[PDB]
Amino acid sequence: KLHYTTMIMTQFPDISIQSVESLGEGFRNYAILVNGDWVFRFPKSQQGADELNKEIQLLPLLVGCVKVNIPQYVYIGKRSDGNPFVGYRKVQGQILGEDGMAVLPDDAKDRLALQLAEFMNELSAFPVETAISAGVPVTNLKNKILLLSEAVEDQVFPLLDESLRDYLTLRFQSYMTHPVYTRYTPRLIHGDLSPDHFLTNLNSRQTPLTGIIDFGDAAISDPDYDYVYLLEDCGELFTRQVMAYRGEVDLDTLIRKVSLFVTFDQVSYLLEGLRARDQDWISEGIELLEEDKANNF
Ligand SMILES: NC[C@H]1O[C@H](O[C@H]2[C@H](O)[C@@H](O[C@H]3O[C@H](CO)[C@@H](O)[C@H](N)[C@H]3O)[C@H](N)C[C@@H]2N)[C@H](O)[C@@H](O)[C@@H]1O
Ligand SMILES: Nc1nc2c(ncn2[C@@H]2O[C@H](COP(=O)(O)OP(=O)(O)O)[C@@H](O)[C@H]2O)c(=O)[nH]1
Ligand SMILES: [Cl-]
Ligand SMILES: [Cl-]
Ligand SMILES: [Mg+2]
Ligand SMILES: [Mg+2]
């Protein structure tokens, strides 16, 4: 508390702090709300610092290209050399969350699907070279999944029933051996496009999506990756609606491709629990892998 407030007030003489409250946190950042108005967002690691340095350069170039609100860093602070933090006016609205889309009526879901399709479209139109110049990495997704499959063999396979191992090997091979999945034209992607990052004003019937946050995973990569959490967290029906508005073709094949990404996400989630040495997380991740197999076959 006093730790974050002292850094803020030392570095920003125009901020007089009357209230401070925790707002949210993810794997890479801790966010607090100052005076009900300002989000101060603090990286949790050097990797978080790298991602924030990317966002500092990228987001100002994106503001004028998207039709939702995104964070605009007004305050740029430093913890010490190479350790930035930022402050931005809260992106307004209600975070939708996972449990949000499940309850929404048809007209609202239709409008949200249209707005998300448009947002993805805008990212796919953004000049890749400008993004790279802003520190956005070029992530060859085929090579990333190859490295993942090696890690799984080493760290994950020992924990599994051989039948679940057989399933995972099948999923990795189904992705890796099909050019229909592995070849793509790279684009700027958000990289973590899950509904915990969707800000809404459901009072607006026709334009319920108002904001998107957390661009820390932004990459030049496969645009189909930005469907992964739509499928995992919003469901196949909604995901297919977004795909239709975007003019995707052969949705059965595309859904299969994204479902492979979902499998790999479940592996990744377990690997994070193994890295953290969290037995509850490990057990949860093993269960999610079993559910992935049961849901697909
Ligand atoms: N909370 C419970 C859920 O947690 C995971 O899903 C969440 C991901 O963890 C998030 O992403 C983060 O973790 C990823 C690796 O897993 C990273 O690549 C990414 N950069 C991180 O921001 C993503 N934004 C939302 C998604 N619902 C499990 O998969 C899911 O089964 C489980 O129900
Ligand atoms: N309502 C609201 N919540 C925010 C805002 N910025 C961050 N948050 C919350 O803080 C959490 C952590 O921020 P995020 O950038 O996603 O951190 P990361 O996932 O660790 O990279 C988010 O998931 C939100 O819950 C904002 O502008 N408005
Ligand atoms: Cl992956
Ligand atoms: Cl398969
Ligand atoms: Mg986040
Ligand atoms: Mg992030």
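Here the PDB entry sets the residue numbers for chain A, with the shown residues being 5-301 in order. Whatever order the structure lists them in is the order used to number ligands and atoms, beginning at 1. According to its header, this structure was worked out by X-ray crystallography, 1.3 Å. Hydrogens, waters and symmetry mates play no part in the numbers below; they use all other heavy atoms, side chains included.
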Q: State which chain has the largest number of heavy-atom pairs within 4.5 Å of ligand 1, named as in the PDB entry.
A: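 Per the PDB entry, the chief partner is Gentamicin resistance protein.
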Q: Okay, next thing: the drug at ligand 1, what is it?
A: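 You're looking at kanamycin.
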Q: Within 4.0 Å (heavy atoms only), which residues surround kanamycin?
A: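 Heavy atoms under 4.0 Å: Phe31, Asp196, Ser198, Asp221, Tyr233, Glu236, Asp237, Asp269, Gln270, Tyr273, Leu292.
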Q: For the 3.5 Å polar cut-off, considering only N or O atoms, please tell me whether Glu288 and kanamycin meet it.
A: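 No - when backbone and side-chain N and O of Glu288 are compared with those of kanamycin, no distance drops under 3.5 Å.
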Q: Hey, does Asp221 come in under 3.5 Å of kanamycin, counting only N/O atoms on both sides?
A: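 N/O-N/O distance under 3.5 Å: yes.
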Q: Can you name the atoms of kanamycin, numbered from 1 with element, that are less than 4.0 Å from a heavy atom of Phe31?
A: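 Within the 4.0 Å cut-off of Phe31, kanamycin contributes 12 (C), 13 (O), 21 (C).
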Q: Give me the residue, atom name and distance of the protein heavy atom closest to atom 11 (O) of kanamycin.
A: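 Nearest protein contact, heavy atoms only, for atom 11 (O) of kanamycin is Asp196 OD1, 3.4 Å.
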Q: Hey, which organism does the entry list as the source of chain A?
A: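 The entry lists the source of chain A as Enterococcus gallinarum.
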Q: List every atom of kanamycin that sits less than 4.0 Å from any heavy atom of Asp237, numbering the atoms from 1 in the order shown and giving each element.
A: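 Listed by number with element: 25 (C), 26 (C), 27 (N).
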Q: Looking at kanamycin, does any of its N/O atoms fall within less than 3.5 Å of an N/O of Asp200?
A: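 By distance alone, the answer is no.
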Q: Give the residue, atom name and distance (to 0.1 Å) of the protein heavy atom nearest atom 6 (O) of kanamycin.
A: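 Heavy-atom neighbour on the protein nearest atom 6 (O) of kanamycin: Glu236 OE2, 3.2 Å.
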